[PDB]
Engineer: 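Chloroquine + Ribosyldihydronicotinamide dehydrogenase [quinone], experimental structure. Questions below.
We name chains A, B, ... by the order of the sequence lines, and we start the count at 1 in each one. One-based numbering, in listed order, for ligands and for the atoms of each.
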2 protein chains.
Amino acid sequence: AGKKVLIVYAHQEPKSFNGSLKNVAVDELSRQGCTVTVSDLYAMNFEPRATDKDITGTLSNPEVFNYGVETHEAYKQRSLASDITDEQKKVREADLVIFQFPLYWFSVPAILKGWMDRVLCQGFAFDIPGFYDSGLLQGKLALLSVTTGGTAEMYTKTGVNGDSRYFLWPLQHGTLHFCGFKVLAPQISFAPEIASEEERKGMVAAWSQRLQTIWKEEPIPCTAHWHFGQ
Amino acid sequence: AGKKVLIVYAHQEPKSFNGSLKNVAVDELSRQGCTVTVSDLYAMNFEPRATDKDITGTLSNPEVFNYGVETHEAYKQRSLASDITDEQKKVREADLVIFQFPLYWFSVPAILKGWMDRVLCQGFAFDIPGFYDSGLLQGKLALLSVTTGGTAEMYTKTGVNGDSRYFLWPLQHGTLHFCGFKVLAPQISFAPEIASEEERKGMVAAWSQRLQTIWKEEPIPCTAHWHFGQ
Ligand SMILES: Cc1cc2nc3c(=O)[nH]c(=O)nc-3n(C[C@H](O)[C@H](O)[C@H](O)COP(=O)(O)OP(=O)(O)OC[C@H]3O[C@@H](n4cnc5c(N)ncnc54)[C@H](O)[C@@H]3O)c2cc1C
Ligand SMILES: Cc1cc2nc3c(=O)[nH]c(=O)nc-3n(C[C@H](O)[C@H](O)[C@H](O)COP(=O)(O)OP(=O)(O)OC[C@H]3O[C@@H](n4cnc5c(N)ncnc54)[C@H](O)[C@@H]3O)c2cc1C
Ligand SMILES: CCN(CC)CCC[C@H](C)Nc1ccnc2cc(Cl)ccc12
Ligand SMILES: CCN(CC)CCC[C@H](C)Nc1ccnc2cc(Cl)ccc12
Ligand SMILES: [Zn+2]
Ligand SMILES: [Zn+2]
């Protein structure tokens, strides 16, 4: 026991469907006795841009700015902007990181993309070498809880939008697995705007109910076959 | 001729490999007699976050904030923030939109993700019923010019990262095709940091040379089969 959870939450509106899914996760994980922290990115005005302001120390090469190189070195020297290290502390302490967001352009909203870009730097989240199964966040779990405009039917193989797993690839594999996370099955709450209020309440209750047994779940095999099939 | 091009450019450093690819595109398209415009997102300090500041008027619903609905209505009511409408004007005038960026987490840097989120609103880029082949930007061409850290071999179907086409799906299909663009084959400049000077020169020259005949190209079939098939 004694599990720690970080929820990285990306919605502007506390009364939103995303807000309800975040709150029910806080409620249920709290009820279980888990330690819970939420990064409410919009409320934090979280900075999404990868810039030279993210390093406060002497640059390795002040004539030609290479974000990856400079953040790697800043991580090692401890000269990263404090907003980044504040998030790194939350990740370091977490056993499970839940990302709660509406799908924007088959991906995460930009503010959350910026969290990934800025927080998961070399030295902290991965090394070269030291990625995928050797990533530095090994031993941790991650889970994408996503809401969509499109219906489940629209996000199937035979639909023009394609199977929902297709768009998970850059997030689950390219990012989370790359950093060493084991990835729990995504929670996709399809088309709440189209849904009836009863169907919406059902989707929120389904997430809460799933969370009751989250610590017993196995991760997915985060492979091309899982995402794309044969 | 009389062709118009917008380059949406996302790199912090003018002397970067991305910078050089952007500059060669400007040079070669300018030489051809094309009309060329560049949105240098980092130099513009482009806002990535989707917030209620993106609507200038009174909100469609001041009590509960729905970004998609509010921006749709704002577009119809000419009440979007000027940074967004400035970009929409550039897109509206363009026959070809080139995106020039380094791959960040199998996707675009957050600043460019924010451009997509905030600029391509419903009513402007898509609507009911105009999407995929009938998207509102139909008749326009789009092209992703991406640079990577990983090698071409890492980006193979059975390589650690999977086929590069796998990460293109959310961008080419879920975003560009969705908005009605015809998608020209991506330009992928693999691993310039690792490449020799000569190899880098070759990749820049390949891009310059490609641009010489860009108006003669057929778009790819932006399908699941192209992205995921044998
Ligand atoms: C920039 C942008 C890009 C997008 N790109 C995509 C894309 O690529 N693919 C795609 O499929 N969609 C896309 N969308 C649509 C988007 O994913 C949906 O709009 C979003 O997922 C809806 O979630 P929400 O929390 O905002 O819904 P909400 O509008 O907040 O929720 C709907 C309703 O649920 C109600 N509600 C809240 N809590 C509860 C509760 N506890 N019980 C019952 N009802 C409740 C709310 O009052 C509301 O009426 C995009 C949208 C934007 C703005
Ligand atoms: C947050 C983050 C996430 C990332 N995620 C990924 C990922 O998911 N997958 C992946 O594969 N990579 C990833 N990367 C790596 C990234 O994609 C590469 O670092 C980037 O593409 C390199 O391009 P660049 O323009 O910055 O190269 P640069 O470092 O600017 O350039 C490389 C070399 O080319 C030289 N050069 C510039 N112009 C010319 C010229 N005209 N002729 C010859 N040489 C020239 C430069 O001087 C330099 O020496 C990530 C990086 C970051 C920071
Ligand atoms: C017209 C607005 N309103 C009236 C019913 C319906 C809500 C709008 C719906 C949910 N939004 C969407 C539904 C489905 N797909 C989408 C893809 C993108 Cl990129 C953006 C928005 C999307
Ligand atoms: C000083 C040496 N310097 C090159 C300038 C280090 C370059 C490291 C290499 C290129 N970067 C990378 C190579 C391959 N994959 C990657 C995935 C991510 Cl997320 C981030 C960086 C990556
Ligand atoms: Zn994986
Ligand atoms: Zn397509």
Engineer: Curious which chain letters or ligand numbers map to chloroquine here.
Structural biologist: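 Including duplicates, the model places it at ligands 3 and 4.
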Engineer: State which other chains have a heavy atom under 4.0 Å from an atom of chloroquine (ligand 3).
Structural biologist: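 By heavy atoms, the other chains are A, B.
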Engineer: Please identify which atoms of chloroquine (ligand 3) are closer than 4.0 Å to at least one heavy atom of B/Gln122.
Structural biologist: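 Taking each heavy atom of B/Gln122 in turn, chloroquine (ligand 3) has 1 (C) under 4.0 Å.
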Engineer: Okay, next thing: UniProt's FAD-binding residues in chain A - which of them have a heavy atom under 4.0 Å from chloroquine (ligand 3)?
Structural biologist: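 In chain A, UniProt ones with a heavy atom near chloroquine (ligand 3): A/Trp105, A/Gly149, A/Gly150, A/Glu193.
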Engineer: Quick one: does atom 6 (C) of chloroquine (ligand 3) have a protein heavy atom under 4.0 Å from it?
Structural biologist: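 Given the 4.0 Å limit, the answer for atom 6 (C) of chloroquine (ligand 3) is no, no protein heavy atom qualifies.
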Engineer: Under 4.0 Å from atom 16 (C) of chloroquine (ligand 3), can you find at least one protein heavy atom?
Structural biologist: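 Within 4.0 Å of atom 16 (C) of chloroquine (ligand 3), no protein heavy atoms are found.
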Engineer: Can you tell me which portion of A/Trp105 lies within the under-4.0 Å heavy-atom range of chloroquine (ligand 3)? Options are side chain, backbone, both, or neither.
Structural biologist: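 Side chain only; the backbone of A/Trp105 stays clear of chloroquine (ligand 3).
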Engineer: Considering only protein heavy atoms, which is closest to atom 11 (N) of chloroquine (ligand 3), and at what distance to one decimal place?
Structural biologist: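 Protein heavy atom at minimum distance: A/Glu193 OE1, 4.3 Å.
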Engineer: Does some non-hydrogen atom of the protein lie less than 4.0 angstrom from atom 22 (C) of chloroquine (ligand 3)?
Structural biologist: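 Within 4.0 Å of atom 22 (C) of chloroquine (ligand 3), no protein heavy atoms are found.
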Engineer: Nearest to atom 3 (N) of chloroquine (ligand 3), what protein heavy atom do you find, and at what distance?
Structural biologist: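 Looking only at protein heavy atoms, the one closest to atom 3 (N) of chloroquine (ligand 3) is B/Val69 CG2, 4.3 Å.
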Engineer: Would you call A/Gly150 a chloroquine (ligand 3) contact, heavy-atom distance under 4.0 Å?
Structural biologist: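 Checking chloroquine (ligand 3) against A/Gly150, which is what was asked, there is a heavy-atom contact under 4.0 Å.
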Engineer: Quick one: does B/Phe126 get a heavy atom under 4.0 Å from chloroquine (ligand 3)?
Structural biologist: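 Yes; B/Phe126 lies near enough to chloroquine (ligand 3) that a heavy-atom distance drops under 4.0 Å.
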Engineer: What does the entry say the source organism of chain A is?
Structural biologist: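 Per the entry, it comes from Homo sapiens.
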Engineer: Would you confirm whether any non-hydrogen atom of the protein falls under 4.0 Å from atom 13 (C) of chloroquine (ligand 3)?
Structural biologist: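 Yes.
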Engineer: Which residues and nucleotides contact chloroquine (ligand 3) at a heavy-atom distance below 4.0 Å?
Structural biologist: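 The heavy-atom cut-off picks out A/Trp105, A/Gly149, A/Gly150, A/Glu193, B/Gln122, B/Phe126.
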